[PDB]
Structure formats: structure tokens, C-alpha cells
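Summary heading: complex between 1-deoxynojirimycin and 76 kDa lysosomal alpha-glucosidase.
Numbering of chain A is taken from the PDB entry, so the residues present carry the numbers 81-115, 123-197, 204-781, 795-952, in order. Counting convention: from 1, in listed order, for ligands and their atoms alike.
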Amino acid sequence: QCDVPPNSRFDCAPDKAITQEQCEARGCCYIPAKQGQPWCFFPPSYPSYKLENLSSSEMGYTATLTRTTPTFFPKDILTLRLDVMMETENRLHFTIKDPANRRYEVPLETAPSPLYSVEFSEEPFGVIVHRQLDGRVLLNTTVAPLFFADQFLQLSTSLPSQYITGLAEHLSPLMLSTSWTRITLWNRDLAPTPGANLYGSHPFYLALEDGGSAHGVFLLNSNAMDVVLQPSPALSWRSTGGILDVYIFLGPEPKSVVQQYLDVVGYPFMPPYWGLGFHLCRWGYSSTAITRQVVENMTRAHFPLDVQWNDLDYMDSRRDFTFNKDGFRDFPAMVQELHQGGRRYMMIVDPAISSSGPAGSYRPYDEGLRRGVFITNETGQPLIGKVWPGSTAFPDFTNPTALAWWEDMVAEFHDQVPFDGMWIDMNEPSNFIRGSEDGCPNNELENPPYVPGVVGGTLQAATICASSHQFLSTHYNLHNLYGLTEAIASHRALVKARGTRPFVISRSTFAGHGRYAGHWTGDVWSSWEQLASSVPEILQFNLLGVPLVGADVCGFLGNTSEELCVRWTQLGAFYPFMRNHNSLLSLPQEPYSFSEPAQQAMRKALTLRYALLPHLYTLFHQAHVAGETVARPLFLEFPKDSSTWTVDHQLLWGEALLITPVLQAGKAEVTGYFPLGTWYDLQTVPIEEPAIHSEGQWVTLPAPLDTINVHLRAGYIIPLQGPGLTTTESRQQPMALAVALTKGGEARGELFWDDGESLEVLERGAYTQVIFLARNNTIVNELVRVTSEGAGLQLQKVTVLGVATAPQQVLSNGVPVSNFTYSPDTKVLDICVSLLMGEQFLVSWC
Ligand SMILES: *[C@@H]1O[C@H](CO)[C@@H](O[C@@H]2O[C@H](CO)[C@@H](O[C@@H]3O[C@H](CO)[C@@H](O)[C@H](O[C@H]4O[C@H](CO)[C@@H](O)[C@H](O)[C@@H]4O)[C@@H]3O)[C@H](O)[C@H]2NC(C)=O)[C@H](O)[C@H]1NC(C)=O
Ligand SMILES: *[C@@H]1O[C@H](CO)[C@@H](O[C@@H]2O[C@H](CO)[C@@H](O[C@@H]3O[C@H](CO)[C@@H](O)[C@H](O)[C@@H]3O)[C@H](O)[C@H]2NC(C)=O)[C@H](O)[C@H]1NC(C)=O
Ligand SMILES: *[C@@H]1O[C@H](CO[C@@H]2O[C@@H](C)[C@@H](O)[C@@H](O)[C@@H]2O)[C@@H](O[C@@H]2O[C@H](CO)[C@@H](O)[C@H](O)[C@H]2NC(C)=O)[C@H](O)[C@H]1NC(C)=O
Ligand SMILES: *[C@@H]1O[C@H](CO[C@@H]2O[C@@H](C)[C@@H](O)[C@@H](O)[C@@H]2O)[C@@H](O[C@@H]2O[C@H](CO)[C@@H](O)[C@H](O)[C@H]2NC(C)=O)[C@H](O)[C@H]1NC(C)=O
Ligand SMILES: *[C@@H]1O[C@H](CO)[C@@H](O[C@@H]2O[C@H](CO)[C@@H](O)[C@H](O)[C@H]2NC(C)=O)[C@H](O)[C@H]1NC(C)=O
Ligand SMILES: OC[C@H]1NC[C@H](O)[C@@H](O)[C@@H]1O
Ligand SMILES: [Cl-]
Ligand SMILES: [Cl-]
Ligand SMILES: [Cl-]
Ligand SMILES: [Cl-]
Ligand SMILES: [Cl-]
Ligand SMILES: [Cl-]
């Protein structure tokens, strides 16, 4: 009975230190580790739930689950209902609920055979999910007891391999460690460091299977939770409330698993085109004069900049929806001037609203009070905490009235200063004191029977009381949604205020966040370590459907070095959201603040990103319509190559662009994995060893300080556009194609183009979509949709990679071209043309 292999021992004392006598008294097994692995663990006979009265419907199955012997937690729910819904051929969904009481549930909008089968174990109860094609066991919850008590749910399963990713937000490799790892989801203001619960919580994992298939599991639960991985391999979800609401996505391809998950939580929002330009911010641009100098200094040194930002500096006494009348006296004019020059403007907004001002002197508070928009305490008054302005109340973004008040405050402020989006910070919600000015009461919500492994050892640490009252429920249940709900409210407020696509960047997030907003990784240090860690983290958020993500370029905390900021600017130009931001006391790190050689390297990075923007935009369109990733790990694209599975210091843009950054000081080369195929050096494409032929292998590449390695996959065509210091300017330039031929002379690509900012483009059909095809020494376009928005897009240059012999002639629509060049050393054919993306063309060579 207690002969259980070390790796398959499930912890029977997750709640407290326990003795042998206590362990045995719980009906558990005690065997000390020989050197984490639990000493007290469940025998196979440990009391669980029993399945009874299983029956079948057109939807799937239902059953009753009965527990006969209490667990060691209080308030077991002894009778539960199981509902199994076979929703699509790829998506299985099950719930375990209390049929006698509605429990808190996370608010969320809703040959022929499924890819899965489902079977059940009777006693102990478990759900077993097989992949039909190959019989692989994906889920098996029979491996450990089911616990379902009022403030403790535990459901375990075997995992199909040692390879699992997800469960943000944490500073870790992309592939998680199964060595007795405890992963805590409880949104928390803490600078990213390993082993800690950070700003967001996403209870989703993707698990790889031998051979390259995969599946995903989403537990729709917003309570504080630990997820415990052990090396058998196996996983335990351990939540402090709610219900078990479980989705399994069958893939089989990892990219399909992601798309299937996003079908449930929502596809990424389409950003405005300008949102993909460079953003520049710091805490400490303390006047409009200083802030204007940033744009002047960037422009004078030919650095592109689309969006100027301010941090707290603009506010009056650090309060939302104000600006001070000293340094920021002419804030409205500064923002109007930015617009006049073709740029946008972003500023920080915090959730907490100053509560200490004289009554009638501060409308956001006074109106909020009147309308009842704030989270309240035991006696029904606003919970008062401490943040930047001093004493503050906290908006309740589950209250419809608070949504309307937030819309009003944003619209009214926008009438004074026409900002183009919102940077929403401190929205965990972050509290400078514990719980509230008045502490928190003593009850089961503040002092629950199981506290997950949160920093500080309490749910109140750095945040508000858990038993505080919100419209939908207590904060205990809703905490992990605070940021998300604020992002939803801000998205709507911005739609209404501006009438064009919203641009929201948020610190705190929950599953489904990407449908409304983007994210940045928070207070990362200016260190080589954090530069390298940013790659897995950006990739992780793309797997979670938040493709508009990045880290603060050159780092936020501490002082960057020139070498670090070159390498960080190089890699960060491939963050889908690219912003350089800096803390109050740090040395300056704007691109123009460095030496000439460093400036040149930074300028090159920005120039290439701007050249790539039509392609990046199209990748975002694919994310938005099809649930694709924008930045993706090599394993998502080449999952049948098992050597890609642990690679997270390289990244792909889409299917075709491989970026291999230097991430260490003092390096002049880099070793990266190249999947099977031909990879062309993108430096061989004129922007205003030529080819790696890989069998699937590691390659060491020259990488001097001035360089980042970027390779284009054979078989693909990338649209490019001419230069500008803003997207307003760049969007008017002539376009180009980079055509990467296979050995057989084949390539394919696409362009999506719309006006860059309007709402409801796809629904109204107000966009142009063109496909490009290379075949048999010709290049053509295919006009999928041509509208007024794609009119007059001028194609003036076509660059072909992998042309093995010099051509004797090159034709564009049947006429010999004005001029072309061919380099026998690089196999590159560069062709000058006068064509239009929206009109059928044929280019050929022989
Ligand atoms: C729910 O939130 C509300 C706020 O929305 C919160 O109200 C706060 O209550 C405390 C008392 O519990 C108030 O503090 C008092 O303020 C007055 C004057 O400003 C003082 O005279 C009081 O002093 C007493 O307590 C001292 C202890 O150090 C004694 O030394 C002294 O002799 C007095 O007996 C006391 O500081 C506080 O001002 C309000 N906040 C606001 C904004 O009005 C309420 O407590 C919350 N409810 C729960 C259950 O937490
Ligand atoms: C899902 O997980 C459950 C629990 O781990 C698995 O069921 C267990 O399977 C083991 C090994 O096959 C069983 O132990 C064996 O029992 C037989 C018969 O007594 C004996 O001949 C062996 O010596 C061994 O002890 C165990 O009884 C069984 N547990 C339960 C509760 O049924 C199960 O196989 C997994 N399911 C799938 C499809 O992988
Ligand atoms: C499992 O179900 C039986 C029978 O349930 C009946 O048939 C179902 C299809 C549905 O129509 C139910 O409403 C019916 O009651 C349960 O056993 C019955 O229990 C009731 C009340 O305790 C009793 O009056 C009946 O005589 C019982 N009938 C039989 C055939 O035993 C049983 O309790 C269910 N088990 C669990 C764990 O819930
Ligand atoms: C980040 O650097 C600041 C400033 O550093 C100074 O100026 C630089 C140009 C360079 O010459 C440095 O060597 C200088 O020290 C540091 O802030 C200074 O801290 C020291 C001692 O802690 C203090 O005496 C100075 O007055 C500070 N100067 C300023 C301008 O604030 C800061 O400590 C560095 N930050 C970290 C985290 O190391
Ligand atoms: C923009 O650039 C100007 C010029 O490079 C900076 O102004 C200089 O600031 C230094 C302080 O380090 C002074 O010693 C110089 O006298 C200034 N020169 C000139 C010509 O004004 C300015 O600091 C930069 N502003 C920002 C926001 O980066
Ligand atoms: O607003 C001040 C400070 N708060 C915390 C944010 O993470 C950081 O970016 C910002 O500069
Ligand atoms: Cl002991
Ligand atoms: Cl509730
Ligand atoms: Cl553990
Ligand atoms: Cl399959
Ligand atoms: Cl390898
Ligand atoms: Cl032409």
C-alpha cells in the first residue's frame, strides 16, 4: 500500500508541517526522502470521491460524485455534480460543481470523430482522456484524490512528457521544471525575480508529446492557486476557491493548441499600426520642455519614434486625470504638437483614486463616491489604501456603474489632453500598505485554511483585503481579474472617447487579457540576465494570446551600460511591443545618449524594424483573425524536431524570420539552432555567409557589436516598406518584397493592409489582402481582396535570394526592367520595378 515510487508520491500534508504519527493518523504513508518530495503521501486507497449514476446525453455525460470520509480540510463538499461536454472535435470541457449551492465562477463570454476519447474511473474517481489517433494518455485524474472543499480544490493528472509550458507570470525558462516545482498564481507587485508570483496569472498549460503533437489544459479559475509539478511526471492544480472548470484542447499541432485555447478566451485585439512603432518613456521627464527635447534629440539623430510617453511626472500631486501647472502647464499644446508632427502620445494611469482632498475639489473621487464605484469594506465604506497620491480608494471594475464612471473620467480628461491610449500600471492592485489603512478583519477569507506560496506568506501582502466587497463577489475570488477588468474598462473608454482602435498596455493580466490589451514585463533590471530572460517571457505571452508584449528596452531598474543597451535594442527591436523605459534615478538610456558607434547600431535596429512593419502588422492580423502567435518559439513551428523543444534564447517572427541575439557581454559570436532548411542572411537584402543550409543543427555565427543575426526561411516572401521617423511618414513610402527561394524555386507570402486605426475593418471589409508567389523563375501577386485602402501601394523593389545563375534578362509585365543587379557571391538578384500591390503583376527572369 505504501510502496509508491518516490516520483509518484502526492503530498498528503500540503497545509502544514506534519509528524509520522499525524501522517499515519490522516490515513497517509510516511517515508522520509533520502536527501520537495513529500515525506507524507497518499496511498492508492486514500479516500476520494466515488462516481455514481453516470449517464449520457447528446452533449456528453453527467454524474454524481460522493465523498464518504472527510479530508483534513474543513468544509468538504461531500456531493458534487460532474458535467462533461464534448464541445468540438478538438475541445473537451468538464465541470465539477456543488449541485446544492451556486459557487463563484469566473465571468467569461461563451473520418468524423473527436480527436479525444473520455473514460471514467469509478472509485477512486477520475477522468481519463486519450488521444484517439495513437492512444496516448493525456489526462488521468485517477492518479491522486479529488479534494473539493469550500476553500481548497485539488485535481491532479499524469503529464505525457517532461515538457510543459505556461502558467504565467513567472521568471523562468519557457519549459517549466518538473522537479517538485510549486508555481503560484496570485497577482503581485514585485520586480521579476525567479520563484515568485508576479503581476499576472494564466492557468493554462501546453504539454508536448513524444513525436511532436501537443495538447493544452485551461482551468477557468481566478482564485489564488498553486500548481505543483513533480517528475513522474504529473501536475496538481491546488486552488483556494471557485469550481473546477476544465478545458482540454487536442491540437495536435502546438500552434493549433494555442488557437483552440484562444477560441475560448478570445483572439488578440488588432493594434493600430502606429502602436508597432518605437515608444520612448522614462520616469523623470519632469516638464513639457524636457519631454519635447526627447523628440527633438531623437529626430536630430535620425532615430524613428512614433509615440512619446510620460510617467507620473505629468500629474498634479500624482493624481489621475490631472496635470500640474508648473512643468506641465502647457500639456495640451505639447500633445497637439506631437500630433501635428505625425506622432502619438501615451501616459500612465493608475487604478487608485486619491481620497484625501477636500470634498468637492477632485471630481474623479467626488463622483466616484457619489456613484458608489469603489471597493468597500465590512461596514460598507470605501476601502482606503496607500499609493502614489497618498490615501486612495480602489475602483471596482466589476461594477457596471464604475465602468460608466471610468468612461466619463477618461473622456473628460481626453477633452483636455488628446492622449492616444492608456498605460495602466499598479493594477494587481498594488497597495503600499498591508490590506488597508484600517487593517483587515479576522475571517476565513483573510486567513484561509490553505495559503498558496505567495511572496509575503499572506493574500493581503502588497494589496487590498481579501474580504473586501466587489459587485460580483469578494476580492478573494476576483483579485486575479483586477487588472483584466481594468483593461476591459479602459478598452471601452478609449473606443468611446476616440472612435478608433484602442491602445492599452497593462501590467497585471489574467487569461484572455490579449483580447483587450497588451502587456509589458514590469520592473526588470538593466542586467544581461534579464535581457536573456526576456526572450522566454515574451514567447510565453504569445503562447497565452497576448502577442503585444515586450520588456523595457535596455532595462528599467539600475543603470544600463552602452554594450548592454546595444544588445538590448537589437533584440528588443523584435519584441512585438517595443518601448524603452527607465526608472527615476537611473542614468539616461535614450538612443541619442550613447557614443556614435552605439548610436549607429541602435539606428540600424530601429530602421530594420520599421522596414519590417508591413510584415509585423500582417502577423498581428493573423493573430487577430486566426489565433496565431506573432513571436513564437522554434518548437511551435518545428515541433517534430525535438532539438527545438528547449530552445528559448532564439525566436521566430511568424513562420519565416529567425532571430538569434547575443545575450551576454563581451561576445562577438553566437551559437543558435537552425531547423532543417535553407536560411538566408537578411543582411543580404538591401535596406535604406549568404545562406545557411541546415540539416537541423547548431551553427556558430559571427555577431560583432554592430550586428544581430536575422535569417529568412527559404520558401517565404516578406513585404517591406521604405523609411521614416514615424509610421505616418513610413506608410507613404514605396514597398519592396524579399523573396527567399527554396532550392526548387518556390516561395509564398502575404500582405494585409488597411487604414491602420479604424474600428470594425474586417467586419466592414475595409482592407486589402494580397498573396505573393514565386515559382519557375517568376513572381506574381494574387489579389484576395482589393479595396480603396490598398490603392496606390507602390512596389518599387523586388529582392530574390537563392538565384543560382546570373540572369540574361529580367522582365516586369513583359518589358525588360529599367535595371537589376546580380551578385554571384551572394546569389542575390535585386530588381527595380514600378508596380502596384493591388494590380496583378508578373516578374520573371532567365
Ligand atoms: C472602512 O473604511 C472606512 C473608510 O472608508 C474606515 O474609516 C476609518 O475609520 C477609522 C476608525 O476606525 C478612522 O480613524 C479615526 O479618525 C479620527 C479623526 O480623523 C480619530 O479621532 C480617531 O482616533 C481614535 O483612534 C485612535 C487610535 O490610534 C485613538 O488614539 C483616539 O483616541 C481615537 O479613539 C481615528 O484615528 C478613519 O479616519 C476612517 N477613515 C476615513 C477616511 O474616514 C473604517 O474604519 C473601515 N472599516 C473597517 C471595519 O475597517
Ligand atoms: C490512470 O491512473 C490510474 C491510477 O494510477 C491507473 O490505475 C492503476 O493502474 C495500476 C497499474 O496498472 C494498478 O495497479 C496494478 O493492479 C493490478 C491488479 O490488482 C496488479 O496486477 C498490479 O500488480 C498493480 O498493482 C492499479 O490498480 C490502478 N489503480 C486504480 C485506482 O485503478 C490507470 O492505469 C491509469 N489509466 C490509464 C488509462 O493509463
Ligand atoms: C442514483 O440514482 C438513484 C435513482 O434515481 C432515480 O432515477 C433517476 C434517473 C432520477 O429520475 C431520480 O430522480 C430518481 O430518484 C437514486 O436512488 C433513489 O433515491 C431516492 C431518494 O433517496 C429514493 O426515493 C429511490 O427509491 C432510489 N431509487 C433507487 C432505484 O435506488 C440514488 O440515490 C442515486 N445515487 C446518488 C449517489 O445520488
Ligand atoms: C546609477 O548611477 C548613478 C549616478 O552615477 C554617477 O554618475 C555617473 C555618470 C557615473 O559617473 C557614476 O560613477 C557616478 O556614481 C548612481 O547614483 C549616485 O550614487 C552615489 C553613491 O551611491 C551618490 O554619491 C551620487 O550622488 C549618485 N549620483 C546621482 C546622479 O544620483 C546610482 O547609484 C547608480 N545606480 C545603481 C543602482 O547602481
Ligand atoms: C537633448 O540634447 C541636448 C544636447 O545634446 C541636451 O542638452 C545638453 O544637456 C547637457 C546636460 O548633460 C548640458 O551640459 C549641455 O549644455 C546641453 N546642451 C545643449 C546644446 O543644450 C539635453 O539634455 C537633451 N535632452 C534630453 C531630454 O535628452
Ligand atoms: O509609475 C512609476 C513606476 N511604477 C511601476 C511601473 O512598473 C514602472 O514602469 C513605473 O515607472
Ligand atoms: Cl517526525
Ligand atoms: Cl460569490
Ligand atoms: Cl513541492
Ligand atoms: Cl491527433
Ligand atoms: Cl541538440
Ligand atoms: Cl516595371
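Including duplicates, the parts belonging to 1-deoxynojirimycin are ligand 6. At the top of the distance list for atom 7 (O) of 1-deoxynojirimycin (ligand 6), counting protein heavy atoms only, stands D616 OD1, 2.7 Å. Residue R600 approaches 1-deoxynojirimycin (ligand 6) through these ligand atoms, each under 4.0 Å from one of its heavy atoms: 5 (C), 6 (C), 7 (O). Residue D645 places no N or O, backbone or side chain, under 3.5 Å from any N or O of 1-deoxynojirimycin (ligand 6). Proximity to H674 (heavy-atom distance under 4.0 Å) selects the following atoms of 1-deoxynojirimycin (ligand 6): 8 (C), 9 (O), 10 (C), 11 (O).
Close contacts of 1-deoxynojirimycin (ligand 6) with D518, meaning ligand atoms under 4.0 Å from a residue heavy atom, involve 1 (O), 3 (C), 4 (N), 5 (C), 6 (C), 7 (O), 10 (C).
Counting atoms of 1-deoxynojirimycin (ligand 6) from 1 in the listed order, those under 4.0 Å from a heavy atom of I441 are 1 (O).
The protein non-hydrogen atom at the shortest distance from atom 11 (O) of 1-deoxynojirimycin (ligand 6) is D404 OD2, 2.6 Å. Taking every non-hydrogen atom of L405 and a distance limit under 4.0 Å, the qualifying atoms of 1-deoxynojirimycin (ligand 6) come out as 1 (O), 2 (C).
Counting heavy atoms closer than 4.0 Å to 1-deoxynojirimycin (ligand 6), residue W613 contributes side-chain atoms (C-beta onward) but none from N, CA, C or O.
The shortest heavy-atom distance from 1-deoxynojirimycin (ligand 6) to a UniProt active-site residue of chain A, with that residue, is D518, 3 Å. Each of the following atoms of 1-deoxynojirimycin (ligand 6) lies closer than 4.0 Å to a heavy atom of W516: 9 (O).
Among the substrate-binding residues UniProt records for chain A, the set within 4.0 Å of 1-deoxynojirimycin (ligand 6) by heavy-atom distance is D404, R600, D616, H674. Counting heavy atoms within 4.0 Å, the binding site of 1-deoxynojirimycin (ligand 6) comprises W376, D404, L405, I441, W516, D518, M519, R600, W613, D616, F649, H674.
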